[PDB]
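Proteinase K bound by tranexamic acid.
Nothing fancy with the numbering, it's 1 onward along the sequence. So how was this one determined? The header says X-ray crystallography, 1.5 Å. Whatever order the structure lists ligands and atoms in, that order sets their numbers, starting from 1.
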Amino acid sequence: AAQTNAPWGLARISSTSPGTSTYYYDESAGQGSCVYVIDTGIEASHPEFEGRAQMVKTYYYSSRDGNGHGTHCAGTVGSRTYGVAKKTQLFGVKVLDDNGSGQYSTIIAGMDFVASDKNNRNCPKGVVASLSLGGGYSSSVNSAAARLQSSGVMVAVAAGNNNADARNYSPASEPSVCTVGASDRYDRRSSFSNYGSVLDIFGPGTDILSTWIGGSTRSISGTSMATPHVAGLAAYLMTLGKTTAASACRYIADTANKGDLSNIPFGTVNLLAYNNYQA
Ligand SMILES: NC[C@H]1CC[C@H](C(=O)O)CC1
């Protein structure tokens, strides 16, 4: 399948070269998989989600996304126009309030929730979790991310936006999950992207167009935007049967475009997520 005039990041995911604008992908499009977006919520009524999004948990007085960030991330995973995996099921877990803030205790509870709740959901092709959040190092936060991964969920986490080594951030620094840095449309490391040996992969993160609250769209930047590209890619590849939740981060790294990014510090992987689709 081909989506013309796609956002640059989707085109980049499906290309061996920068500078193209069509997204190419197998039409299965993640059908039968499910992706949990653990964030500020998802505006499930947005036309871009086509009924495939649903809030399943909140830790606040409402399940509504009053911020926009969670809706944007969910759109990059799975919206019809802005999403990698256009037929996946999206499940919202609101661990961040409408100012984008949340306690680590709440974030941990949300991760434990997904590890159990997946067993109440029909996801025959596999389960992914996208965590576009983090803060300073916490052993408890890393352990919760490691538990979620071990339960059979492909966990993708943002490296962080401090232009610093991600070893000092959580859940970015947990070795067993998939830690995602950000690149721009000229194949440069994004100016804010964290780096370091803990990173597993880069995805598009600068100037990413996706869904927003109020039935709208906008472009924003962050490792928070690169993470759902990788999460959606994992759901897409799992639906194709190419990999599993336990192996998808390694598979994405094995099949990535290698050596194409600039301003990668010595010691950080030079790997850009790629779907390897040939029509
Ligand atoms: N691993 C639990 C979750 C993944 C798929 C499973 C199934 O589809 O049989 C039930 C929900």
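- UniProt lists residues of chain A as binding Ca(2+); of these, a heavy atom within 4.0 Å of tranexamic acid is found for none.
- No part of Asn120 comes within 4.0 Å of tranexamic acid, judged by heavy-atom distances.
- For atom 1 (N) of tranexamic acid, the nearest non-hydrogen atom of the protein is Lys118 CD, 3.5 Å.
- Residues of chain A near tranexamic acid cluster mainly in the UniProt domain Peptidase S8.
- Among protein heavy atoms, the minimum distance from atom 5 (C) of tranexamic acid is reached at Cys123 O, 3.0 Å.
- Numbered from 1 in the order shown, with element, the atoms of tranexamic acid that lie under 4.0 Å from a heavy atom of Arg121 read 3 (C), 10 (C), 11 (C).
- Counting heavy atoms under 4.0 Å, the binding site of tranexamic acid comprises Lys118, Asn119, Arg121, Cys123, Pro124, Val127.
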